[PDB]
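In this structure, 3BNC117 is found bound to Envelope glycoprotein gp160.
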Amino acid sequence: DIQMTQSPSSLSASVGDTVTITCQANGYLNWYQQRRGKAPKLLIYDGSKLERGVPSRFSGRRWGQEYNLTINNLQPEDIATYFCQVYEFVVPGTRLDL
Amino acid sequence: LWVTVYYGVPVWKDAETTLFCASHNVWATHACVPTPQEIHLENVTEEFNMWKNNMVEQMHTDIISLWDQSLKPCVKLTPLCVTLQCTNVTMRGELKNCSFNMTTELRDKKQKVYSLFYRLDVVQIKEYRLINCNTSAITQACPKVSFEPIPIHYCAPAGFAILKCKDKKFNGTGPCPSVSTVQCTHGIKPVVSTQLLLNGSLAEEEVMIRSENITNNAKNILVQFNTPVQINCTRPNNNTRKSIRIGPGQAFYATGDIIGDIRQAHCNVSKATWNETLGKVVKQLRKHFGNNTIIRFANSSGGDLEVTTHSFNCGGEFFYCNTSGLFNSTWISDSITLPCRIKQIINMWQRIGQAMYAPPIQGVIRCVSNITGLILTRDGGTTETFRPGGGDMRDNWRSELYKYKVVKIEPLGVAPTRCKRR
Amino acid sequence: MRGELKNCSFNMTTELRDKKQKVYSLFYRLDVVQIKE
Amino acid sequence: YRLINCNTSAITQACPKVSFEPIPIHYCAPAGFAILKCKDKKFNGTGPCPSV
Amino acid sequence: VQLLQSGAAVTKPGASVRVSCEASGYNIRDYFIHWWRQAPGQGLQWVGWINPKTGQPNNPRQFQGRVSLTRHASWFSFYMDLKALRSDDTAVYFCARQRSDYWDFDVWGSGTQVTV
Amino acid sequence: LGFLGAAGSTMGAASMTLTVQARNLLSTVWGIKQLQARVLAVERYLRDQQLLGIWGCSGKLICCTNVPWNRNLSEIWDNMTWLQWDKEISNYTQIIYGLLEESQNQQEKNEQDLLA
Amino acid sequence: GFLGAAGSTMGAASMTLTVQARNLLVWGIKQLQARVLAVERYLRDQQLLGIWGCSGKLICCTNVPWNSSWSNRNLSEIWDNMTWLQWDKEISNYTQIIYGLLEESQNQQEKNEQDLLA
Amino acid sequence: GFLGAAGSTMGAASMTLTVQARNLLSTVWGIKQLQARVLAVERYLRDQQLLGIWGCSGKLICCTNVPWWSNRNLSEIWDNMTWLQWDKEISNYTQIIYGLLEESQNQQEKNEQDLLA
Ligand SMILES: *[C@@H]1O[C@H](CO)[C@@H](O[C@@H]2O[C@H](CO)[C@@H](O)[C@H](O)[C@H]2NC(C)=O)[C@H](O)[C@H]1NC(C)=O
Ligand SMILES: *[C@@H]1O[C@H](CO)[C@@H](O[C@@H]2O[C@H](CO)[C@@H](O)[C@H](O)[C@H]2NC(C)=O)[C@H](O)[C@H]1NC(C)=O
Ligand SMILES: *[C@@H]1O[C@H](CO)[C@@H](O[C@@H]2O[C@H](CO)[C@@H](O)[C@H](O)[C@H]2NC(C)=O)[C@H](O)[C@H]1NC(C)=O
Ligand SMILES: *[C@@H]1O[C@H](CO)[C@@H](O[C@@H]2O[C@H](CO)[C@@H](O)[C@H](O)[C@H]2NC(C)=O)[C@H](O)[C@H]1NC(C)=O
Ligand SMILES: *[C@@H]1O[C@H](CO)[C@@H](O[C@@H]2O[C@H](CO)[C@@H](O)[C@H](O)[C@H]2NC(C)=O)[C@H](O)[C@H]1NC(C)=O
Ligand SMILES: *[C@@H]1O[C@H](CO)[C@@H](O)[C@H](O)[C@H]1NC(C)=O
Ligand SMILES: *[C@@H]1O[C@H](CO)[C@@H](O)[C@H](O)[C@H]1NC(C)=O
Ligand SMILES: *[C@@H]1O[C@H](CO)[C@@H](O)[C@H](O)[C@H]1NC(C)=O
Ligand SMILES: *[C@@H]1O[C@H](CO)[C@@H](O)[C@H](O)[C@H]1NC(C)=O
Ligand SMILES: *[C@@H]1O[C@H](CO)[C@@H](O)[C@H](O)[C@H]1NC(C)=O
Ligand SMILES: *[C@@H]1O[C@H](CO)[C@@H](O)[C@H](O)[C@H]1NC(C)=O
Ligand SMILES: *[C@@H]1O[C@H](CO)[C@@H](O)[C@H](O)[C@H]1NC(C)=O
Ligand SMILES: *[C@@H]1O[C@H](CO)[C@@H](O)[C@H](O)[C@H]1NC(C)=O
Ligand SMILES: *[C@@H]1O[C@H](CO)[C@@H](O)[C@H](O)[C@H]1NC(C)=O
């Protein structure tokens with residue numbers, strides 16, 4: 001079927017630093033960002049492509065089964081929950097800290 | 001060395017063009033050129049993709065155009081949008097007997113007529129009205145034209161070729177070791193069906209399962225049988241037709257009283273043959289999933305009256321048969337009678353603006369046909385449940401046009417050779 | 001610019017031939033001609 | 001009374017702006033074809049024409 | 001391309017609730033619509049899709065027999081039903097608009113927060 | 001043995017059946033759809049014949065030219081087919097056509113005119 | 001003029017080929033259909049003429065031997081006495097195999113010979 | 001490019017015949033394009049047949065037998081005059097030549113070869 005794993009559960013990153021989170025999954029993978037109390041928004045729709053209107057700092061790279069989400073120049077409003085999804089299945093996301 | 005030019009070379013490329021017809025009816029026949037030779041190309045392998053084939057969209061729009069063209073010179077039933085007075089006929093409550101005022105050939109006079117209407121064709125506002133009186137305009141189908149399918153061959157223009165795959169174990173995609181060349185396809189009878197494919201083409205080797213990408217549960221699964229499953233459909237009622245003059249040279253055909261008793265229409269299928277075809281289907285489907293998994297079956301979840309029931313046309317009359325008894329089983333590792341309903345106001349091709357009226361047919365209606373495939377939807381979320389689904393008619397044509405593809409012929413080439421021009 | 005718009009009511013047909021409805025609309029003074037009717 | 005054909009057909013007017021007077025019309029053939037003519041004065045309906 | 005969702009509602013166990021969800025922005029017949037529900041402090045959970053053209057629903061084994069999806073065209077409002085509720089069915093529901101074979105959702109509703 | 005019957009055969013064996021391919025090139029709903037095909041086939045045939053005529057090869061299935069060129073002929077004519085040849089050499093065909101149009105034909109016309 | 005030498009013999013009708021050669025090229029569809037049909041017929045005839053190695057020539061000689069099985073008459077009589085229409089019916093049966101012989105024997109082998117010896 | 005040698009002399013405008021030669025072939029809007037396509041095909045075919053009957057098949061420059069109205073010298077004609085001025089000047093004398101080549105000159109030559117072989 002679909003086997004899926006989210007290793008970076010909790011992360012503590014500073015402002016302006018670059019961090020990556022690893023999602024392992026089978027099939028097309030999507031990266032979503034959901035602020036607390038708000039509906040999720042589409043960041044990366046195929047795992048390596050970017051969405052219109054999203055900041056250029058967000059990007060992704062796929063190496064084998066592994067997928068990585070990379071960002072640079074973290075903003076105060078850039079700390080929120082981020083999760084990877086494949087078809088119907090989704091795993092709870094990773095919450096960063098200031 | 002010196003370059004040279006050859007004008008005849010076997011070379012082809014992928015391109016899309018207009019395909020013409022070779023062979024009254026709703027699909028205009030005898031307007032097609034009367035119609036062979038088939039060439040086997042050896043030591044050639046080519047890739048076929050039936051899920052992006054262009055020959056399906058063209059035939060879909062051609063059949064839609066033929067339907068619209070054939071419904072043009074027929075009678076318009078605009079004076080029939082009127083408040084009916086319906087009463088019960090004494091399959092209880094299915095039929096109604098409705099009387100209403102209608103115009104006559106004189107502009108300043110009226111008449112009072114009556115007709116027998118099915119329950120599925122009327123809604124309430126004792127006063128009834130037709131279903132389409134608020135969304136669509138209804139036109140009557142001319143009795144001269146016949147709805148019976150007739151085979152149609154699709155042929156490519158000059159300079160163009162049609163390549164077909166002769167591989168027995170071929171799935172939806174991938175290279176085909178055995179290729180061949182024709183310029184006209186086989187007869188493809190246009191049949192409309194939502195859950196079970198009728199009067200189709202069988203598979204020589206075995207049951208075959210094809211989907212665009214089986215991991216996605218939003219894609220339908222097409223099953224092709226290797227042996228037919230005979231089905232017998234009948235409407236026991238004996239009907240009588242009437243004529244009503246609704247204007248200068250305009251007639252509306254209404255139903256008279258039923259002669260004899262009133263009985264339900266139905267269809268019969270064999271139990272043992274279906275219980276073996278289901279086993280073969282379960283095995284070929286278990287190929288893809290784990291061997292420990294168990295395969296369920298269930299009837300449709302919901303939707304329209306066209307996708308919840310197997311809908312078809314039986315000799316000019318429209319049937320909506322309930323197939324809940326066929327798809328109720330679980331597989332781990334006498335005959336079946338299917339009740340049916342009949343409707344006369346027909347809105348098809350998934351349009352919400354143009355209706356059609358089918359005139360009643362007098363006599364007893366009988367059809368004997370084969371079942372040569374299924375269209376399923378697997379539920380997503382160690383057991384898998386597969387429920388019948390349809391409603392989109394492009395799958396019906398993909399079931400037939402998976403072998404063929406159309407290619408441009410490019411005959412110019414510049415090869416090296418050891419000679420010079422004097 | 002008083003008199004350049006007029007509220008006009010009339011009888012219109014319905015989905016059913018038996019009965020009709022009474023409707024209204026705002027027209028301009030250039031699109032109506034006397035026959036206040 | 002009533003019109004003769006209100007039970008069989010519908011009437012369309014003959015549209016006075018047009019005229020019914022016949023005027024000569026030729027019938028000419030495409031390229032690659034020809035029209036043969038028979039100039040026999042005493043010519044029967046069918047048969048050879050010695051003056052084509 | 002905006003999806004409007006109805007307000008929140010509170011109900012007792014063993015009742016029925018309706019959550020209307022309307023699309024006015026685009027050509028609606030060409031795209032599926034999915035429903036997702038999330039519990040507080042947990043990831044999303046798939047509930048199923050509905051085909052606008054034919055109305056064919058799809059639901060997982062857990063939800064089948066309890067939830068029915070329906071659409072009502074106009075000359076497009078999508079609904080949802082829950083026949084039998086329970087203590088653990090308190091969640092938030094989102095409408096999503098599938099637009100490609102990648103199952104990528106680019107439009108979401110405001111959401112309805114239902115308590116039991 | 002027939003139309004496109006040497007598709008898999010080697011170029012040397014395929015060059016002997018030029019005529020069978022060359023012969024089949026020329027020859028309400030489905031009333032205009034046939035006319036479109038009828039015009040299109042004639043247009044394509046005329047375009048190919050014009051291209052042959054410009055190069056001085058009119059009415060010749062096996063022409064010789066005056067444009068000079070690895071890829072030894074022994075491996076090309078004995079071990080490959082026309083399709084792989086096309087896939088390999090389709091990149092340079094535009095420059096070869098451009099050279100053939102004027103490098104060797106209009107010149108030949110000039111020398112022939114000035115000779116007499 | 002057009003078809004003027006229809007009654008004349010084969011010898012005297014061979015000097016007037018150009019007259020027929022240069023005349024081969026509702027109310028809105030009946031003109032378009034004719035205009036496309038003439039082009040199609042002309043292109044088909046010219047293609048068959050060209051693929052025998054006779055393109056561009058009204059009178060071309062061919063190296064296909066002629067046996068007496070198809071027909072046998074004296075050369076003095078054929079070109080002096082009888083008409084083209086009379087000859088059309090006599091040899092109409094065997095035209096297809098003659099065309100088939102002209103297809104490959106006339107030009108194709110000679111084309112390969114010219115390719116090798118150039 | 002196309003028609004670029006218009007102002008140039010007939011001497012320098014006769015070296016670019018090919019670039020002009022290529023561009024001969026190249027529901028309201030669905031009927032105004034089919035007419036154009038058929039008209040272009042017909043005109044090209046008529047010109048090709050006219051070339052072919054005279055003995056010029058697939059040749060942009062020919063030489064033919066008939067003798068040669070004009071009194072200008074060859075250097076004068078090919079030195080300063082352009083093609084369009086020549087066409088406008090001699091539009092009257094074309095019809096005499098057109099029938100002269102196809103009727104006799106080629107038709108004779110098509111026979112002696114048959115007589116010779
Ligand atoms: C079908 O879905 C699968 C899984 O969702 C897709 O997976 C691809 O499988 C191929 C097989 O070799 C891999 O090369 C790709 O890298 C996979 N894609 C990803 C994103 O991992 C597949 O693309 C889908 N389509 C088809 C035609 O199989
Ligand atoms: C599929 O089969 C089920 C069998 O349970 C049908 O469910 C019944 O439908 C009837 C029809 O009104 C109801 O009266 C029953 O209460 C239903 N039973 C249950 C347990 O819900 C269902 O209708 C069938 N679906 C279709 C499309 O035919
Ligand atoms: C599928 O094929 C069967 C078999 O030909 C069709 O049944 C025929 O229907 C016509 C029209 O009523 C009758 O005249 C024939 O006698 C029938 N055949 C037989 C063998 O009795 C049927 O109409 C086809 N289409 C379907 C079932 O949709
Ligand atoms: C389609 O057929 C099924 C099977 O007969 C119908 O389900 C039955 O409906 C009757 C009517 O109340 C019940 O008495 C049976 O108990 C149902 N069967 C089962 C297994 O529960 C179904 O209703 C039919 N579809 C429609 C629309 O009526
Ligand atoms: C335009 O005129 C119409 C006709 O009088 C007005 O509509 C009526 O208003 C009265 C007053 O409430 C109602 O009792 C009627 O039922 C209305 N009739 C219809 C057909 O709507 C309308 O209010 C006027 N509008 C303006 C802007 O003056
Ligand atoms: C239908 O109703 C009309 C009017 O009451 C009546 O004349 C007619 O006999 C009825 N038909 C049947 C079959 O009951
Ligand atoms: C038909 O017209 C009559 C007279 O207007 C009316 O009484 C009757 O209700 C109408 N409808 C019927 C007879 O169904
Ligand atoms: C049904 O299948 C049988 C067996 O293959 C065949 O003889 C018969 O002609 C088929 N009927 C139709 C309508 O195709
Ligand atoms: C269908 O089967 C039932 C029971 O076996 C039988 O009574 C009925 O006559 C059959 N109908 C047809 C059309 O075969
Ligand atoms: C269907 O009808 C045919 C012909 O009467 C009969 O041979 C066959 O047994 C029938 N099948 C069923 C399932 O009733
Ligand atoms: C509106 O109509 C009334 C009707 O008599 C008229 O008296 C009045 O002057 C009009 N208002 C204008 C013209 O502004
Ligand atoms: C509309 O119809 C009613 C009666 O049916 C009539 O009295 C009135 O004059 C008509 N015109 C209107 C309301 O403008
Ligand atoms: C037409 O009437 C039916 C029955 O009252 C209703 O279900 C349907 O929604 C109506 N159509 C529209 C476009 O409102
Ligand atoms: C235009 O005429 C001048 C004067 O002789 C000449 O130098 C120039 O080359 C001409 N231009 C073209 C494009 O022929």
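Each chain gets a letter, A, B and so on, in the order the sequences are listed, and its residues count up from 1. What you see here is only part of the deposit, and the contact count is restricted to that part. Just the heavy atoms: all of them, side chains too, but no hydrogens, waters or symmetry mates, feed the values below. The header says electron microscopy, 3.2 Å.
- Within the model, the positions assigned to 3BNC117, copies included, correspond to chains A and E.
- Other chains whose heavy atoms approach 3BNC117 within less than 4.5 Å: B.
- Residues of chain B in heavy-atom contact with 3BNC117 under 4.5 Å: B/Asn213, B/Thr215, B/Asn216, B/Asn217, B/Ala218, B/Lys219, B/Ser301, B/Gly302, B/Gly303, B/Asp304, B/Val307, B/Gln350, B/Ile352, B/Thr377, B/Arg378, B/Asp379, B/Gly380, B/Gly381, B/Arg387, B/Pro388, B/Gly389, B/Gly390, B/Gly391.
- Measured between heavy atoms, the residues of 3BNC117 closer than 4.5 Å to chain B are A/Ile2, A/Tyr87, A/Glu88, A/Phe89, E/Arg29, E/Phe32, E/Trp46, E/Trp49, E/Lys53, E/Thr54, E/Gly55, E/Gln56, E/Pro57, E/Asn58, E/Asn59, E/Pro60, E/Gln64, E/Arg71, E/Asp101, E/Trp103.
- For chain B, the PDB entry reports the organism Human immunodeficiency virus 1.
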